Amino acid sequence: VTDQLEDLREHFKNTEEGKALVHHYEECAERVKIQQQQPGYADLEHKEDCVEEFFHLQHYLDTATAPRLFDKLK
Amino acid sequence: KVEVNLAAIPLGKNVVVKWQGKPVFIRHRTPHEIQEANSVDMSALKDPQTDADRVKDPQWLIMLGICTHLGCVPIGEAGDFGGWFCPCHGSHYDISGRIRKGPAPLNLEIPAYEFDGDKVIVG
Amino acid sequence: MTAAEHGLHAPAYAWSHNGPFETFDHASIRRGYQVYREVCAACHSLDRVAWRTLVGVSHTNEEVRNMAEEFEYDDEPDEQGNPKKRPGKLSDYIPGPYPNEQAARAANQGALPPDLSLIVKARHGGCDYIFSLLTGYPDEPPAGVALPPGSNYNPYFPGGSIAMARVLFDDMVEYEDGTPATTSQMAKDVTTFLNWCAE
Amino acid sequence: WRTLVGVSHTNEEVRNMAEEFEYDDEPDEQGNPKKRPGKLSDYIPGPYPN
Amino acid sequence: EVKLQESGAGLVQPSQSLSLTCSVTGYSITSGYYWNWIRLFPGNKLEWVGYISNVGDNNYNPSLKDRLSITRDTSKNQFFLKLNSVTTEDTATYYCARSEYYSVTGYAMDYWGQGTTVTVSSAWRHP
Amino acid sequence: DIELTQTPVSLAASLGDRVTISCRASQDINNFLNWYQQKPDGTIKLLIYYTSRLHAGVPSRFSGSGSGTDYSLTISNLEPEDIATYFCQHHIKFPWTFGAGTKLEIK
Amino acid sequence: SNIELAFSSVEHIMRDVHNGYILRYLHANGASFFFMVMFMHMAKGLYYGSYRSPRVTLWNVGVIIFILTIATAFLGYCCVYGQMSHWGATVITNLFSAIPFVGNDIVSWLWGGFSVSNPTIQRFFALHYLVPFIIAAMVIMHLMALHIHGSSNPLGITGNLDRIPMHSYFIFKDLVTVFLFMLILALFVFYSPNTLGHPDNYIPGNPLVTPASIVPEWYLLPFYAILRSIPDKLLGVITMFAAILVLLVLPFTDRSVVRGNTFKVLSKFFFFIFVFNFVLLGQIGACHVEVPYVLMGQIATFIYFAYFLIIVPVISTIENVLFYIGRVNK
Ligand code: HEM
Ligand code: HEM
Ligand SMILES: O=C1C(O)=C([C@H]2CC[C@H](c3ccc(Cl)cc3)CC2)C(=O)c2ccccc21
Ligand code: FES
């Protein structure tokens, strides 16, 4: 059994706005790598991260992975 | 009187312990952090005090986690001063445990303590 | 407040009991107890719930008498003045995994696993937030978030750094009735069971 | 024990008596018992365990 | 941050007075710790000159005690050298520094001036 | 006036390896010994206080130690450029006293 | 009321005592409705200018009652001994340090030891028993004042020309609000029992660890706000208490010549700024000491006291003069 939720999160990541938003994070996840190889990074002090992205994604997921999810369940 | 295992405290770890019904704060201070504390303007300060008086060895910050406003217990590694924030009425404390922003009139109190081996007797 | 310190808002799943006319799903509660027994009991006390209280809700009189006696509570001293054990009675409170606060932390990198009996009320969102923290352990701590040694990431916890590692991994519980022992079905139940426990 | 001090004895005199007995004490870091001598803060222990 | 800024005549004619000044910013002369003078000799060796404290008590070196006068202006957050009767023997780069004090770790100069080089000489310069 | 033996009298080293200056007091100084650092442009910094303890910023690869009357200053690798003359002072009493130094160039 | 059994015993009342959960949810939700209804009662007194002679003493006493009801409900909270309880009880005990010199000792006394400990929850239980009889004692003088002058009217003119007897009109009228009251209270009690409480309170109090969401009771919030608004300890305390006392000047600063905002446009208007400020002030209490919230908090607080002390006597004096020139010849 493909997890009733995992499966539902998947299907929604792969709609229009899912694509649009998984990307937005990737663009950021890449940008992070780039900033990390650099010298004296550990003393950059204001190091970017992509939690703000991440959360914008789950919100889109949640908003759909919630009123739907529960009927797949027992 | 109580006694802490100083070795069991990583460099940059906040440790709380039960003494006299209050909490006692012990941070293991990094040298960058030690510098922040002692490189500051005692006129930008409400209850102005030299970090080196507040501490015996600068590597060890040791104080009663009672917010000198109306006596809550400040959240660690918090605030706008690399110290502590008190969620009760927003008093901000710095990395030497002293008052920067907020209603608190005073710097987080320093208990009596003696070092001994790596055991500090907080009484 | 940064959305990272707050934790992400758990969504409005549609529970069996939500609504003014809705009894719990007792079948669901029954499952959660197993999901409770096999999984989280390893670490978590449920001290304000008594064996008898299960009877008529999730189980039947013996069904709970059985569970009850699988544990040796303390019992009044013999004629000499020396201890003794004894099995449980229905009159008892489901024993914690640990003998005190310390061994609870020793067994968890110095974390104090919350007694669960009251969890669905001692948290905002509650049923949802319980479900979501349990089905919301994502694979990796988001680009840039640097996680301490022995701590996991969760968007639904505040500041993600949760001292509880993920614990739902499909099928690790053998659902006695015979339901998809998933993780979003292992979870939805212990939530409905933990709901009961606090209310 | 303390209640004796100043009445029948002197501070140490009662500190002495006090510590001749091992009261229960909060568990170590592992979660296992321990004894400890008494303090003046204590109540003079009964001969029997129950 | 804290910063120390040297300023003064570094070309003094013998039998006169060497007179430097160390202006600070990012901490105060009258909070805490110690306010020092230290000279770096031609032969690349360092010597402690003296100090004024945070409440202005003068621990001088006794090699130079009969000859100097550390002081301060508190309105201006700065401390002063005045080495009387200068000989070429005194020719060296000069450094101001703040020295902390702890009970445990004792003293340490952790904030140093940028340097001001003096040369005792009877040469003439346009004032 | 407690005098300190700086040694070796400035010995250079190879680009990729360690080194270890040392101090030796004319008296018992009780770990009250700091280590300083003079980059050729003149600037002098703090590196080590109370025999063994880093100052803010000085990279963890710096070490230093000692006790009684004899003290070290062990570096880990001389890259990228630790090129400076490393003085040492006692502060057990007054007046305090630096060493000779120990200039550090490439071999 | 022992600090151990305390938190549990309430769970006991919840899990075990027959109808005990109904006992708790009613006690607690009820305390809230008490406070709503009391604000609406105090509202009504502002709007129609009840506080106004001959009813001053009537008014004043209600200010004493309102004080005793906050004192009462606070203690009843400290008796659950959850998280919000132990820290609530720390701060209120600590308001007394604000008192010059002796202040710390008062607090120590008042604590019966080093911290909000056991001799504390036990006295907080005992004082919780005592005080409600004091309110009732006081409700009697309050009703005595009410009695010798009788109620006012939504017209702020004299009653003495068209009186009718409380039985059976108002007895029956009052019965309508009563049932309605119970209905909403039933609604909360059975369906929304904690839609009014803070989840931090199902957590056993812990003296070493304050939470990081310190929202206090709603009916209390607007004061929490005012308290916080002041970056000074002594002054902040004073200003919190002053937020309630100031209510006693209201019969002097009302400069008008008529009792009642009813025929009073400029008065109505600010009266609802006052209401609405007061609610905002409350919203400010819930949010973190973040920006612009602090500065918003500060401005409301100003608006608050300014309404009694400034707006009202001003407006009402103006409003006298509009009433003159707005008719007469010369
Ligand atoms: C149905 C299964 C389980 C559930 C629903 C559950 C639930 C929870 C909850 C609600 C918290 C509270 C954190 C918060 O909300 O602030 C928590 C924390 C914790 N849990 Fe679990 N748990 C489960 C299983 C386990 C297991 C199997 C272990 C270890 C073997 C464990 C160890 C811990 C520890 C050490 C903490 C402390 C985390 C902290 O202090 O932030 N739990 N758990
Ligand atoms: C235990 C709390 C209280 C009780 C039992 C109570 C009772 C009453 C009753 C029965 C009346 C007559 C019905 C009515 O006019 O509403 C009244 C009116 C009044 N109350 Fe109270 N009250 C309480 C709180 C307060 C407070 C807190 C205040 C002021 C701070 C206050 C001031 C007044 C005034 C001035 C009137 C006259 C209203 C008018 O002229 O119509 N009361 N109260
Ligand atoms: O820090 C506070 C705090 O300051 C109050 C406040 C609320 C208003 C109280 C109040 C006392 C007296 C009066 Cl007349 C009015 C309000 C004062 C304490 C709380 O209720 C509280 C509750 C739980 C945790 C922390 C806190
Ligand atoms: S108690 Fe810390 S801010 Fe008021």
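In the text below, chain A, chain B and the rest are named by the order of the sequence lines, each starting its count at 1. Reckoned from all heavy atoms, side chains included, excluding hydrogens, waters and symmetry mates. Be aware that this covers only part of the deposited structure, with contacts counted strictly within it. For ligands, and for the atoms within them, numbers begin at 1 and follow the listed sequence.
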- Look up the drug at ligand 3 and give its PDB name. atovaquone
- Chief binding partner for atovaquone (ligand 3) by contacts (from the PDB entry): Cytochrome b
- Find the other chains whose heavy atoms come closer than 4.0 Å to atovaquone (ligand 3). B, G
- Which residues, given by chain and number, touch atovaquone (ligand 3) within 4.0 Å on a heavy-atom basis? B:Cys88, B:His89, G:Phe74, G:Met84, G:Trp87, G:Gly88, G:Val91, G:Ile92, G:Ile214, G:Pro216, G:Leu220, G:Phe223, G:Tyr224, G:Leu227, G:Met240, G:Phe241, G:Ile244
- Query: Which organism did the depositors list for chain G in the deposit?
  - Reply: Saccharomyces cerevisiae (strain ATCC 204508 / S288c)
- What name appears alongside chain B in the PDB? Cytochrome b-c1 complex subunit Rieske, mitochondrial
- Message: Would you check for a covalent tether on atovaquone (ligand 3) and tell me the residue and atom?
- Response: none
- heme b-binding residues (UniProt) in chain G with heavy atoms under 4.0 Å from atovaquone (ligand 3): none
